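Heads up, the thing below is written out as structure tokens.
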Amino acid sequence: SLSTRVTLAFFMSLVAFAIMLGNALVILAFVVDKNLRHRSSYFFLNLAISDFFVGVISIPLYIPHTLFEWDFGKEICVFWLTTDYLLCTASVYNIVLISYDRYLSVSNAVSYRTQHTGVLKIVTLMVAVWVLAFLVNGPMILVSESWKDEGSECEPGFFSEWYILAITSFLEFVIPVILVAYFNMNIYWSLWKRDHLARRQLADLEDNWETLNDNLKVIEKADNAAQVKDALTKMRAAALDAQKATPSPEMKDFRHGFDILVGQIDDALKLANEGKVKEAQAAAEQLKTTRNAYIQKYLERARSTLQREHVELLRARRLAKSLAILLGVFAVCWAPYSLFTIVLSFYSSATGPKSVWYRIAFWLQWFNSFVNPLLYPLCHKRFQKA
Amino acid sequence: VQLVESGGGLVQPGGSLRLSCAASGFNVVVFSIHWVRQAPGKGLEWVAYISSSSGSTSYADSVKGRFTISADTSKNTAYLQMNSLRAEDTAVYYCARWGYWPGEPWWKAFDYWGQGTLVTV
Amino acid sequence: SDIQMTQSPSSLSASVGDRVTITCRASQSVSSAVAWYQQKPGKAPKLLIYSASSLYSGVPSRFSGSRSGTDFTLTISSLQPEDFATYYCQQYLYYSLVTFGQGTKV
Ligand SMILES: CN[C@@H]1CCN(c2cc(NCC3CC3)nc(N)n2)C1
């Protein structure tokens, strides 16, 4: 109706104001608190900035186009479409950049985490990310939108041509999903291998320690039946198995301590092995001086290392789940558009792309950007507290 | 190095038999010597161990009580004497070298075996 | 007690140039203390695989081995006329704990 245009324009203005307020609050929480300015926040800022410009550009300029009468030129219309692609693809490309940074920080942690690269490239990536979207969306459709008819002006002219639509669909969405999944799988597999070797090696060390303690308990309660050799045989085996569990001077500290321990057990055994009448009352107590002084350091140190690997695994799992739910929301919002333009390309001359659901789809992509700052504080609750 | 044996011969049951193992260049104190017997057409069987250092001698389960092994560092040789033979010790005796615990000498044991000697009861 | 070394094969025959796998086990767990030896009629036993999976200088790479728990494996990928002899397993966990295996004829 005639009165519906004003109501829809007011609703669109309210939605744009809400999006702008959310993004401004996110930017303020970023710029005020200096704690969220590390590597874990440089590649996340554009996710709250680019889409922000959408609320300033896409939603308002759409009002004269639909609610009011079209009073803008074609150049203005193109620029709007241009902002729409640049700011849109920027989100998924920043997600890809975050995934690549995490892959470099986890897979190449032996060199990147130990020695961080210069920051002069960080911004060099960020802006490039934007221009990347341009190189994907800027020129191509510009060459293919050369149509004379003015029907569906700010609808892209490169439609109804299934080849470019199919190619772009893949580049904009499928290719990013691949890179993100590859990086996440590499990170998870590397961390599982780092923890599996640790879990097994620490379990083997604990089993050897438990066996050495059970044998030493019997050694302390020596029997008159010359049972020292039967208990020490097991003790020697335990020591030799725990000695070969490699976690340099630090390795020599560990190895030498074990060598001493094995030599102490070897001399303790001598009395029983010789068959000499005197076993010196099973004098292998001195092992307690070596058990709690030399080999205790690694028994405590390696345990802490396993704990470090586990927290890291939980943090990587949280980050992977966050990236996964972000990509899932993006896909759920983007798919209705891709399912209403490459399947309806068979007929587009008259009333083909003109329908309610297609307009709803256009809104849905904008909505992805509306909920983006709503689900952004879900990753870090600092914004919520501040 | 070759640990040659020169105690080949035939003895009567219960009589004393003397064997000799000689080092061919390696110090006997830095490397202990172990004896292993092999019955004709049977598996290898351990006999005894001698160390010129720490003076530790250990015998097997079935040969203890009638075997005496002694090593002189100056002679660089090891002598094994069988005080009593019960017709079950008829075998070929070899002497091989063993390494002490520190380092790779332990992990590599029983290398550079000797030709052997025939002991018939 | 005396740890017993059981060699699973006792007699085996294979064509020249085939895979031969010999298995040895011990009652009590041993850690890299089982070595493989080769004896020919009229010669002395020779060390080939020491430790658990490693070769001493003087033996070609064809001879190999592996360890898993208390199971030790001798793997000969390529047979040749020279390598036909009895193979013995030997545990050297201690000086007074030496126990040779049964022996496998190849
Ligand atoms: C702008 N609302 C929807 C949301 C998803 N969508 C795009 C736009 C684009 N370029 C912008 C230009 C309009 C064609 N490129 C890709 N890959 N998706 C437009």
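The sequence lines are lettered as chains in the order written, beginning with A. All chain A residue numbers match the PDB entry; in order, they span 11-207, 378-427, 437-575. Residue numbering for chain B follows the PDB entry, covering 5-125 in order. By the numbers in the PDB entry, the shown part of chain C spans 1-106. Atoms within a ligand are numbered from 1 in the order they appear, just like the ligands themselves. Below, all heavy atoms of this structure are taken into account, side chains as well, without hydrogens, waters or symmetry copies.
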Partner of ligand 1 with most atom pairs under 4.5 Å, per UniProt: Histamine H4 receptor
Drug listed at ligand 1: adriforant
Adriforant (ligand 1): other chains, heavy-atom cut-off 4.0 Å: A
UniProt TM segments in chain A contacting adriforant (ligand 1), heavy-atom cut-off 4.0 Å: 3, 4, 5, 7
